[PDB]
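Next up: a structure with zoledronic acid.
Chain letters run alphabetically, one per sequence line, in listed order. Heads up, chain A uses the PDB entry numbers, so what you see runs 85-429. Just so it is clear, chain B uses the PDB entry numbers, and the residues here are 85-429, in order. When the header is checked for method, it gives X-ray crystallography, 1.2 Å. Note that these values count all heavy atoms, side chains included, but never hydrogens, waters or copies made by symmetry. Counting convention: from 1, in listed order, for ligands and their atoms alike.
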Protein chains: 2
Amino acid sequence: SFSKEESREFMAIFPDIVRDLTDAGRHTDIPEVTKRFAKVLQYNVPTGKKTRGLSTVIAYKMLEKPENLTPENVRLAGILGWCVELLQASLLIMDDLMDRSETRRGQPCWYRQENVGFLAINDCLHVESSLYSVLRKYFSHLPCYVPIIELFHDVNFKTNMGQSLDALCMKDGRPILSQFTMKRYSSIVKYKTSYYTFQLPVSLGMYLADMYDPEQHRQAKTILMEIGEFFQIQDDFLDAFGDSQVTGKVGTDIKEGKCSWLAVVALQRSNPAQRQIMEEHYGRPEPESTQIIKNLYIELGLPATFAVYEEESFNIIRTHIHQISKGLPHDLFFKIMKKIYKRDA
Amino acid sequence: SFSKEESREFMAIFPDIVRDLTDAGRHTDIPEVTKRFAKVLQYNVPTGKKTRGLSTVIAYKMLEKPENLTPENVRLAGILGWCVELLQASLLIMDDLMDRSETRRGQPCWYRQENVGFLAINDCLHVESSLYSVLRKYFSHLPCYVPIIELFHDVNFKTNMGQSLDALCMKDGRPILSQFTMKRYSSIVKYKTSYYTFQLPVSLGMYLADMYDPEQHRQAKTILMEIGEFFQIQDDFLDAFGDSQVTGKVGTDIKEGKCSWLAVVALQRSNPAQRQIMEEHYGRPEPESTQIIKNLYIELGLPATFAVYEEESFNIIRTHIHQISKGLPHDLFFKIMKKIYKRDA
Ligand SMILES: O=P(O)(O)C(O)(Cn1ccnc1)P(=O)(O)O
Ligand SMILES: O=P(O)(O)C(O)(Cn1ccnc1)P(=O)(O)O
Ligand SMILES: C=C(C)CCOP(=O)(O)OP(=O)(O)O
Ligand SMILES: C=C(C)CCOP(=O)(O)OP(=O)(O)O
Ligand SMILES: [Mn+2]
Ligand SMILES: [Mn+2]
Ligand SMILES: [Mn+2]
Ligand SMILES: [Mn+2]
Ligand SMILES: [Mn+2]
Ligand SMILES: [Mn+2]
């Protein structure tokens, strides 16, 4: 689980994904575009932490019968993991344009790079569509094919709903702070993050292991939605308080007026003077307004508030994993939480 | 074909599609975004001429055995046509962002609406993903289900390749005029327009009629790519010479430095002085420069050249239809060509 050997095995597949999409004897009349797409893939797909792709393989190895774990079936789980990584890559290209971000994975965001700009918009769609080409190549003769493509379809649609709810934080250049509740927060993160980051890898592992029981899927979902909310709260903490040299990205949530966990908790914790600071300075383009909000988050003790929350929530989620039944391996969920707890990136 | 009653039948399906995507008892925890998505669909999907969707129905009606053309199967063909219209709607949202366009279908481009902006990228992805939900609801039981899903994903990938070749007209803010050949042009149009506009409707009609022979799809493709080249050449002519109140869109190709048909033929026809006018003024945002290029296009006689092309190409394509397999209905291709060329004879 999240070992050097598992990482080597997963990265070994990446060159074959690139070949499948750009050098498989198709589209031989437009090599300018196919060579450029190979670069799109090289830059935007493989330089993250790869937790979703690696989790797809770990889920499969922990769900499948040991006697069925052939080189070929483990490679298929890795290919499914790369299809989740293509989905992630696509989402981040669009997200960085929508959030006016500077850096991603330690480099300038794709849309900012020389002679990219608005080309990043098509590249996002192209990366998304490419995962279905990979699924068709490897899975089209297997019983899991239709469930897998339908799951990717459904998760895409849900992720788009979450990305829209996330974007509705601002109207006419001011944040809708009266609506920044923990209820709204939980709904945003369920849709924009939890389905594609946590539900999708585990459901893919289940499908490849010929596990289709709707009740087993629903019990995995309940715990993976809790893990997803936890994970997004960590992401929100890193936006304001992370070291951008370690996280690889400069935060934008304050300037973009987002209904982040920090904003929700700041509103819960603020006295009336602090609430007026949020009303005046949250979601503004001016660097001085964002620093006023960061200084409010410091004064409120939001770093220590997050640290306590993270520890308390880690323990609650593990209590809930202990209560899982429907024949699901508790250690799969424990390994996912161990990997993310106390992360700084 | 392309009659008022056929339009009535087709249009009646749209409200059912909107209900399927926004008011079918799903995602009941996020009514803010489902209600917004209904508005996205209303603005962006049924506001065109519906040639592609209507053509899907006509293709099915001409390819299926007459004895099998039940109201129910004709309605299925209509649903597939609306899936093509969801793909069109998505592509135009993103295209208008990429092309920095003002109007589409006689209203502001979606991204220009208040509280839209780069959220239009997310709306584009959401509208395309929608069509796969529609396919699952209505077609999941039929032999054609997987081929239809795969055709949509393949056509999306190809269209993305075409959109990227189209975008690579400019480098470092100046057009790559030496590369603006008719060979490059024909490649751009094949990928960015012809597959999704002409091949997709016909191949969908074929699949719904249980026609899986790749040779029948390929015979159709030869004709449909020729019609697609005229359709995109007409679009390019009207970008400079159309009336925006009639076309519903303000042209941008000169300012954007595009490898349009006008640019390609201008470079073929230009004397050295005229080529220097293209070098200095093509692909510039300054309105003087764009008017100087339009004046060059007039001086070169490009309007008459286009009118000759519209007449000659109709007659060349008609001759080519005569040579198609006796196994395909020649009149389907004649009907498509007559509608695109606005001719009864
Ligand atoms: O905070 P976001 O939701 O924008 C983010 O987490 C990306 N994202 C998009 C949807 N779910 C997550 P990132 O901080 O990586 O920019
Ligand atoms: O000229 P474009 O290719 O941008 C266009 O035809 C749209 N489009 C996009 C792909 N194929 C066609 P429109 O003139 O409608 O803006
Ligand atoms: C859902 C979220 C928080 C987006 C970023 O995901 P990661 O932090 O896993 O980013 P990468 O490893 O893929 O770069
Ligand atoms: C491929 C092209 C030329 C894009 C516009 O297509 P239409 O002119 O068919 O657009 P709508 O009817 O859908 O508005
Ligand atoms: Mn972001
Ligand atoms: Mn975001
Ligand atoms: Mn974030
Ligand atoms: Mn355009
Ligand atoms: Mn365009
Ligand atoms: Mn055009």
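The structure holds zoledronic acid at ligands 1 and 2. Counting heavy-atom pairs under 4.5 Å, the chain with the largest count for zoledronic acid (ligand 1) is, by its name in the PDB entry, Isoprenyl diphosphate synthase. Those other chains that come under 4.0 Å from zoledronic acid (ligand 1), heavy atoms only, are A. Under a 4.0 Å heavy-atom criterion, A:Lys342 is not in contact with zoledronic acid (ligand 1). Residue contact check for zoledronic acid (ligand 1): A:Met182 places no non-hydrogen atom closer than 4.0 Å to it. The closest heavy-atom contact to atom 8 (N) of zoledronic acid (ligand 1), among the options A:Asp179, A:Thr331, A:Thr281, comes from A:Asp179. At a 3.5 angstrom cut-off on N or O pairs, A:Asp183 counts as close to zoledronic acid (ligand 1). The shortest N or O to N or O distance between A:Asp250 and zoledronic acid (ligand 1) is not below 3.5 Å. Among protein heavy atoms, atom 6 (O) of zoledronic acid (ligand 1) sits closest to A:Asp319 OD2, 2.9 Å. Atoms of zoledronic acid (ligand 1) found under 4.0 Å from any heavy atom of A:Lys276, numbered from 1 in the order shown, are 1 (O), 2 (P), 3 (O), 10 (C), 11 (N).
Counting heavy atoms only, A:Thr277 comes closest to atom 12 (C) of zoledronic acid (ligand 1) of the residues A:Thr336, A:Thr277, A:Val334.
Against a heavy-atom cut-off of under 4.0 Å, A:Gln247 is close to the following atoms of zoledronic acid (ligand 1): 9 (C), 10 (C).
What the model shows is no covalent bond from zoledronic acid (ligand 1) to a chain.
Of the protein's non-hydrogen atoms, A:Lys333 NZ, 3.5 Å is the one closest to atom 13 (P) of zoledronic acid (ligand 1). Using a 4.0 Å heavy-atom cutoff, A:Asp323 is absent from the residues neighbouring zoledronic acid (ligand 1). With a non-hydrogen cut-off of 4.0 Å, the residues around zoledronic acid (ligand 1) amount to A:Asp179, A:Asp183, A:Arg188, A:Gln247, A:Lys276, A:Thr277, A:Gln316, A:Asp319, A:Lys333.
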